[PDB]
Every structure is written in structure tokens, then in C-alpha cells.
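Here is a PDB entry that includes fentanyl.
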Amino acid sequence: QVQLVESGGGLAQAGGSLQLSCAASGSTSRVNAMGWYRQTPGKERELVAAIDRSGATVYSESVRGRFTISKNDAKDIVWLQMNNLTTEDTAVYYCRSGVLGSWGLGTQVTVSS
Ligand SMILES: CCC(=O)N(c1ccccc1)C1CCN(CCc2ccccc2)CC1
């Protein structure tokens with residue numbers, strides 16, 4: 001069992017930045033991938049960014065060059081650096097591993113302008 005804890009979020013303006021963290025606990029050596037997902041009302045949970053153990057990453061085209069996913073190997077934390085924020089980034093953000101299934105509670109992000 002691996003436990004994931006989302007922290008961060010907030011209310012931002014178009015152009016500002018937020019930093020979300022995802023802290024893993026438990027049998028983290030069986031985790032080879034970590035991803036951030038987001039959801040909006042009426043729409044479906046969609047991928048934002050993913051990172052694997054070697055540090056390679058993929059990004060949704062809507063957040064490429066604005067969002068950055070990174071990891072702290074010593075603290076078992078995956079960060080979502082949300083820069084250059086737009087109103088489209090308003091969503092509840094969720095952390096998940098490569099094993100499909102149990103989500104954390106997520107955290108909320110609102111971007112106004
Ligand atoms: C894509 C992510 C990834 O590869 N990980 C990760 C997972 C969740 C959240 C942050 C990072 C690793 C998990 C294992 N930790 C080391 C702990 C360890 C190592 C060796 C033996 C025993 C214990 C290194 C990072």
C-alpha cells in the first residue's frame with residue numbers, strides 16, 4: 001500500500017504561479033510512475049503531467065512550457081509547478097501513481113481574470 005497526500009493550491013490570477021506537492025508514503029519503491037490529473041465540472045478527469053523513476057516526463061499540450069513536474073527522491077515528493085496560469089487551469093488537481101485506481105482527495109485551484 002502506498003499513501004499519496006496532495007498539498008497546496010489556492011486562488012491565483014492569470015499569469016501567477018502555484019506549487020502543488022504530492023507526498024508518497026509506504027512501499028514507494030514499487031512506484032515507477034507518478035502523474036498529476038485535473039477535473040472540471042461536467043468534464044472528465046484528464047492527465048496534466050507524468051514523471052517516471054528516471055526523471056523523464058510528459059505533459060498535456062495545454063500546460064506544456066507553463067507547468068513543470070519534478071520529484072524529490074530523498075523526500076518522496078512529486079511537485080506540480082503551475083506557472084503562467086490561465087483560467088483553463090481552474091480545476092481540482094489529483095495525484096496518482098502508475099497503478100490505476102485509488103486517488104487522493106486532491107486539492108483545489110481557481111484562476112480568475
Ligand atoms: C516517479 C517516482 C519515483 O521513482 N519515486 C517516487 C515516488 C513517489 C513520490 C516521489 C517519488 C521514487 C520512490 C522511491 N524513492 C526512494 C525510496 C526507496 C528507494 C530505494 C529503496 C527503498 C526505498 C525514490 C523516488
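Note that the numbering runs from 1 along the sequence shown for the chain. Excluded from the calculations below are hydrogen atoms, water molecules and symmetry mates; all remaining heavy atoms, backbone and side chain alike, are included. Atoms within a ligand are numbered from 1 in the order they appear, just like the ligands themselves.
Put simply, copies of fentanyl show up as ligand 1.
Of the chains in this structure, the chief binding partner of fentanyl (ligand 1) is, as the PDB entry puts it, jgfn4. By chain and number, the binding site of fentanyl (ligand 1) (heavy atoms under 4.0 Å) reads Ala24, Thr28, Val31, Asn32, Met34, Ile51, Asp52, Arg53, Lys71, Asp73, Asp76, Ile77, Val78. Atoms of fentanyl (ligand 1) lying under 4.0 Å from any heavy atom of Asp52, numbered from 1 in the order shown and given with element: 1 (C). Of the protein's non-hydrogen atoms, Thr28 OG1, 3.8 Å is the one closest to atom 17 (C) of fentanyl (ligand 1).
Protein non-hydrogen atoms do not reach within 4.0 Å of atom 19 (C) of fentanyl (ligand 1).
The PDB entry identifies the source organism of chain A as Camelidae.
Between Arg53 and fentanyl (ligand 1), an N or O atom pair is found at a separation short of 3.5 Å. Each of the atoms 8 (C), 9 (C) of fentanyl (ligand 1) lies under 4.0 Å from some heavy atom of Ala24. Looking only at protein heavy atoms, the nearest one to atom 16 (C) of fentanyl (ligand 1) is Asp76 OD1, 3.8 Å.
No N or O atom of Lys71 sits closer than 3.5 Å to an N or O atom of fentanyl (ligand 1).
Using a 4.0 Å cut-off to heavy atoms of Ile77, the atoms of fentanyl (ligand 1) that qualify are 10 (C). Residue contact check: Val78 has heavy atoms under 4.0 Å from atoms 9 (C), 10 (C) of fentanyl (ligand 1).
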